[PDB]
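Caption: PDB structure containing acetazolamide.
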Amino acid sequence: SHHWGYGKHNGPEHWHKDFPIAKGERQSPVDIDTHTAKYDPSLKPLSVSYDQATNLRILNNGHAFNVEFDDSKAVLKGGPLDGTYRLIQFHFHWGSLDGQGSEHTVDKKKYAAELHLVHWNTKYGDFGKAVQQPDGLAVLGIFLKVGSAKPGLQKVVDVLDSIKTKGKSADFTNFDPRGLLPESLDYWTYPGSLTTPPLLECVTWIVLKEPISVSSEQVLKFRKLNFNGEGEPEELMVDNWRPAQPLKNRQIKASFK
Ligand SMILES: CC(=O)Nc1nnc(S(N)(=O)=O)s1
Ligand SMILES: [Zn+2]
Ligand SMILES: [Zn+2]
């Protein structure tokens, strides 16, 4: 298949052929330069209102694994946002044993991995309408570094063996994303895009300053996933990140001095 991916023949340098907005003015990720990302006082503290979700789904879509929220609850408000944004899913980007694998960088420094909690603006009635609008999505990005285990990640890691290959999905119940947050909600924000096709410029990025620590054993489980489908040759799911994109006219703002 010539479906997009992260390989030599289908990776980020190819994406613009099917998705011309890849070369747009508000593409993500970007490098966050601490000397030019200015403190903005128009910015409020973030309001992250999460709790245990009952019915979820975990799946390997050949690009990452998603944990999807199916309850008909978890919302993000405040910070740079107007209105209420509902959590729909989260997923990660990561590197190999030999490399870093965040999407955003800070002063050109990459973190081991990056968590994306994807939220859509409830004003729009559904996700498909939301992605068509500049205020449609809010993605809360959280860096991962390797250290001690993140207890609230363990339930996710424990079920990754069951979705090893592309197309596998599984029922997943009783998960609280509060367990994925760092202590501080200090953040940077800027207007940007989905970091994967369709690369739509519909995202308010909120990137937390404080990384979470995960164990090498936890991230190892990420790296044992496969890009390929069952029965095909093994291609380990690693380095599923897009390179940093030009800031162009944008300003990155900081919630903190
Ligand atoms: C359905 C959905 O959430 N699609 C996404 N595609 N890219 C995303 S990202 N990396 O910008 O968080 S989210
Ligand atoms: Zn796809
Ligand atoms: Zn992502």
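Just so you know, residue 1 is the first one in the sequence shown, and it goes up from there. Remember, it's 1-based here, ligands and their atoms both numbered in the order they're listed.
The location of acetazolamide, copies and all, is ligand 1. Short version: main partner of acetazolamide, named per UniProt, is Carbonic anhydrase 2. With non-hydrogen distances under 4.0 Å, the site around acetazolamide consists of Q89, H91, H93, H116, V118, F127, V139, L194, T195, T196, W205. In this structure, the protein non-hydrogen atom closest to atom 11 (O) of acetazolamide is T195 N, 3.0 Å. The shortest heavy-atom distance from acetazolamide to a UniProt active-site residue of chain A, with that residue, is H63, 8 Å.
Within a 4.0 Å radius of atom 4 (N) of acetazolamide, the protein has no heavy atom.
Measured by heavy atoms, acetazolamide lies under 4.0 Å from these UniProt substrate-binding residues of chain A: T195, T196. Result for chain A: of the UniProt Zn(2+)-binding residues, acetazolamide comes within 4.0 Å (heavy atoms) of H91, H93, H116. Every atom of acetazolamide is numbered from 1 in the order shown, and the set under 4.0 Å from a heavy atom of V118 is 3 (O), 12 (O), 13 (S).
Close approach to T196 involves these atoms of acetazolamide, each under 4.0 Å from a residue heavy atom: 6 (N), 7 (N).
As stated in the entry, the source of chain A is Homo sapiens. Other ligands and ions under 4.0 Å from acetazolamide: ligand 3 (zinc ion). In chain A, the residues contacting acetazolamide fall mostly within the UniProt domain Alpha-carbonic anhydrase. Residue, atom and distance of the protein heavy atom nearest to atom 12 (O) of acetazolamide are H91 CE1, 3.1 Å.
Acetazolamide places these atoms under 4.0 Å from at least one heavy atom of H93: 10 (N).
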